[PDB]
*Asks:* 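Quick one: structure with cefixime.
Note that the numbering runs from 1 along the sequence shown for the chain. Remember, it's 1-based here, ligands and their atoms both numbered in the order they're listed.
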Amino acid sequence: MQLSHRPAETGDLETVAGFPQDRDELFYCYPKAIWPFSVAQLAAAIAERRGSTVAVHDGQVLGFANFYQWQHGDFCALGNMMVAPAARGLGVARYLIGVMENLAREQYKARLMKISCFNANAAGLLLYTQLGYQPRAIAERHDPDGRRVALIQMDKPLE
Ligand SMILES: C=CC1=C(C(=O)O)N2C(=O)[C@@H](NC(=O)/C(=N\OCC(=O)O)c3csc(N)n3)[C@H]2SC1
Ligand SMILES: C=CC1=C(C(=O)O)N2C(=O)[C@@H](NC(=O)/C(=N\OCC(=O)O)c3csc(N)n3)[C@H]2SC1
């Protein structure tokens with residue numbers, strides 16, 4: 001993969017909104033969203049968040065992420081990490097996490113990145129572990145069926 005990045009643009013939204021393939025996937029990247037996902041929901045997230053970024057390969061938007069918390073001199077918390085179905089497992093999420101870590105260090109002078117991952121998302125837990133994140137706490141949350149799920153709160157020092 002040769003990947004590049006840029007700020008998300010309006011033109012990208014229909015593409016990104018296409019990424020979650022089912023209710024679970026949507027929940028694991030955007031738990032406040034309601035299925036079906038839509039550009040309006042995505043745009044509403046972008047408006048209340050920062051650092052909405054896309055990753056591009058061979059002319060295709062393949063990844064998206066942003067921050068849902070940002071505290072200058074302190075930390076940022078990664079949100080909305082989404083990858084195109086055809087590009088899963090090819091390093092897009094790793095690439096984007098690295099871009100977002102740089103953004104957190106550079107723009108927000110953060111010392112820490114926080115990532116919170118739902119317990120069912122084994123691939124996410126394993127990837128963030130590979131990238132140097134450690135688990136710090138587990139919180140109870142509820143899924144759309146009202147079932148209890150565990151949110152694994154991980155973090156990583158940035159420099
Ligand atoms: C005239 C040709 C058209 C073509 C064509 O077939 O040549 N289309 C497509 O392939 C359809 N694309 C979209 O719905 C689209 N994103 O696709 C989602 C994805 O990439 O997964 C979109 C619409 S508005 C916007 N900002 N993005 C239509 S658009 C009309
Ligand atoms: C993986 C993506 C995540 C995203 C994201 O990028 O969208 N998050 C947010 O915006 C954070 N909000 C929640 O924890 C949350 N809302 O209440 C917030 C609170 O209690 O403090 C929630 C989750 S399930 C439920 N019933 N509520 C995390 S959860 C991880």
*Asks:* Which parts of this structure should be attributed to cefixime?
*Replies:*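 Every copy is at ligands 1 and 2.
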*Asks:* I'm curious which macromolecule has the most heavy-atom contacts with cefixime (ligand 1) - what does the PDB entry call it?
*Replies:*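 By most contacts, it's Uncharacterized protein.
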*Asks:* Under 4.0 Å, heavy atom to atom, what does cefixime (ligand 1) touch in the other chains?
*Replies:*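 The heavy-atom site around cefixime (ligand 1) is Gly11, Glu14, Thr15.
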*Asks:* Report the nearest protein non-hydrogen atom to atom 26 (N) of cefixime (ligand 1): residue, atom name, distance rounded to 0.1 Å.
*Replies:*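 The closest one turns out to be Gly11 O, 3.1 Å.
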*Asks:* Could you tell me whether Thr15 and cefixime (ligand 1) have an N or O pair separated by under 3.5 Å?
*Replies:*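 The answer is yes, given that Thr15 and cefixime (ligand 1) share an N or O pair closer than 3.5 Å.
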*Asks:* Does atom 22 (C) of cefixime (ligand 1) have a protein heavy-atom neighbour under 4.0 Å away?
*Replies:*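 There is a protein heavy atom less than 4.0 Å from atom 22 (C) of cefixime (ligand 1).
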*Asks:* Where is the nearest protein heavy atom to atom 13 (C) of cefixime (ligand 1): which residue, which atom, and how far?
*Replies:*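 For atom 13 (C) of cefixime (ligand 1), the nearest protein heavy atom is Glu14 CG, 4.4 Å.
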*Asks:* List of N/O pairs, cefixime (ligand 1) versus protein, all under 3.5 Å?
*Replies:*
unit_1	atom_1	unit_2	atom_2	d
cefixime (ligand 1)	20 (O)	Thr15	OG1	3.0
cefixime (ligand 1)	26 (N)	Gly11	O	3.1

